[PDB]
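The chains are labelled alphabetically, A first, in the order the sequence lines are listed. Note that chain A carries the PDB entry numbering, so the residues on display, from first to last, are 23-215. The residue numbers of chain B are those assigned by the PDB entry, with the residues present covering 22-93, 97-215 sequentially. When reading the values below, keep in mind they use all heavy atoms of this one structure, side chains included, and skip hydrogens, waters and symmetry mates. We count ligands from 1, going down the list as the structure has it; atoms in each ligand are counted the same way.
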Amino acid sequence: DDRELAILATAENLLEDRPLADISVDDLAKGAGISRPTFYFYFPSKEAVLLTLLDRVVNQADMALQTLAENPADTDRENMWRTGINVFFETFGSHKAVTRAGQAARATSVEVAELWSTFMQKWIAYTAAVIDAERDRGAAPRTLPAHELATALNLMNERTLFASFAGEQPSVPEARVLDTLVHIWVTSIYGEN
Amino acid sequence: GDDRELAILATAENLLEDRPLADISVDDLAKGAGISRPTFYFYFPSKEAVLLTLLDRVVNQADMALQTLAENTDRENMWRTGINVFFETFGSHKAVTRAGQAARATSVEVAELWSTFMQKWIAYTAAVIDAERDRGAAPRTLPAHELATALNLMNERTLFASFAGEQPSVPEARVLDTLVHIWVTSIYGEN
Ligand SMILES: CC(=O)NC[C@H]1CN(c2ccc(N3CCSCC3)c(F)c2)C(=O)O1
């Protein structure tokens, strides 16, 4: 239980400058102070260590958003979307290596692909519901179907925050991505040509 | 573009419609093109190199199409015809598009190829935004390059999700209207 934390902390540290494939099971066992076979009391494989790390990061975001879902709407409509987008920016930005490794594994692991697909569907669904609620109150024009607008905005964030977190080029500079995304959500959700 | 080289590339693109590159053998490619296996290795060293040539061909088709409309309306239409170049070019080659995106995690050439063209299309977008600012048609909100980067990355992710049939995704029939709406509102809107 205490050695299990050691294995996860070692994996997250090692993933910062090495992909999971360049990480052996012996690597994690040494990092945790245990023999290699003793690892398998805690985890069936290194893939399961990544899955546990990703599940905790994803659920950290999920609980931070749901905390905002249960509490009154902010007088300031720009700031309500900024606070939601910032959960993603801060949660995943605090676990870049796991975020990166998680994205790579979406191609190879049905568990990872399902975790990420399901999380994105959940928060796209929530975004569509807030937009539709904004229309019902007259705060937002009835332009595009809410769920399609919400999907594209959420897909932009996934791609743009990942590009920023991985240091890719092209990419928005890290200190600027929050303002950039918020501007595009707010104008596309509240404007009409 | 040798006559047998085109048969290899056409066979590859056909087979990629329903099978990933990993389920396609060199023997699959040779037989489809009506050639021997050594003939195959006369033109390509690997099936990955076939994919790279295929993707290089569609990427550059989109680019050329984009430059000729740059070489030449209504505001919404400008951005729509521009976005449509990518929706139509990559939409006419969904198999190569799907395989191209998968190979970006394994092939540095594929990665660098895509990255180089995205930077070019992003810089182009920023300059057009800048010129709509210069003539007073667009407000000076975010820096043009940052706005251009998030919008182009949106299109990349959203266009791939449709062509790859993912969930979540925007239905193919609605992706152009969706993206056009977000561009024109975010480029021309303030507050
Ligand atoms: C499938 C894929 O990945 N596409 C990549 C990007 C490129 N791009 C893009 C670039 C330049 C413009 N121009 C066209 C003339 S007018 C001013 C804007 C444009 F509309 C769109 C996208 O939206 O997707």
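Of the chains in this structure, the chief binding partner of ligand 1 is, as UniProt puts it, HTH-type transcriptional regulator EthR. PDB records give the name of the drug at ligand 1 as sutezolid.
Those other chains that come under 4.0 Å from sutezolid (ligand 1), heavy atoms only, are B.
Residues in other chains coming within 4.0 Å of sutezolid (ligand 1) by heavy atoms are B:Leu87, B:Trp103, B:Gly106, B:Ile107, B:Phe110, B:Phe114, B:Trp138, B:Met142, B:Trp145, B:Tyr148, B:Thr149, B:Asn176, B:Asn179, B:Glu180, B:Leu183, B:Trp207. Listed by number with element, the atoms of sutezolid (ligand 1) under 4.0 Å from a non-hydrogen atom of B:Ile107 are 20 (F). Listed by number with element, the atoms of sutezolid (ligand 1) under 4.0 angstrom from any heavy atom of B:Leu183 are 1 (C). The nearest heavy-atom contact from the protein to atom 24 (O) of sutezolid (ligand 1) is B:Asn179 CB, 3.2 Å.
Nearest to atom 12 (C) of sutezolid (ligand 1) among the protein's heavy atoms is B:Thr149 OG1, 3.7 Å. The PDB entry identifies the source organism of chain B as Mycobacterium tuberculosis.
Close contacts between sutezolid (ligand 1) and B:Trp138 involve ligand atoms 2 (C), 3 (O) [criterion: under 4.0 Å to a heavy atom]. Looking only at heavy atoms of the protein, atom 15 (C) of sutezolid (ligand 1) is closest to B:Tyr148 CE2, 3.5 Å. Taking any N or O of B:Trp145, backbone or side chain, none lies under 3.5 Å from an N or O belonging to sutezolid (ligand 1). With hydrogens left out, the protein atom closest to atom 17 (C) of sutezolid (ligand 1) is B:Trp103 CZ3, 3.4 Å, a heavy atom.
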List sutezolid (ligand 1)'s nitrogen or oxygen atoms that come under 3.5 Å of a protein nitrogen or oxygen, with the partner atom and distance.
unit_1	atom_1	unit_2	atom_2	d
sutezolid (ligand 1)	8 (N)	B:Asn176	OD1	2.9
sutezolid (ligand 1)	23 (O)	B:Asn179	ND2	2.2

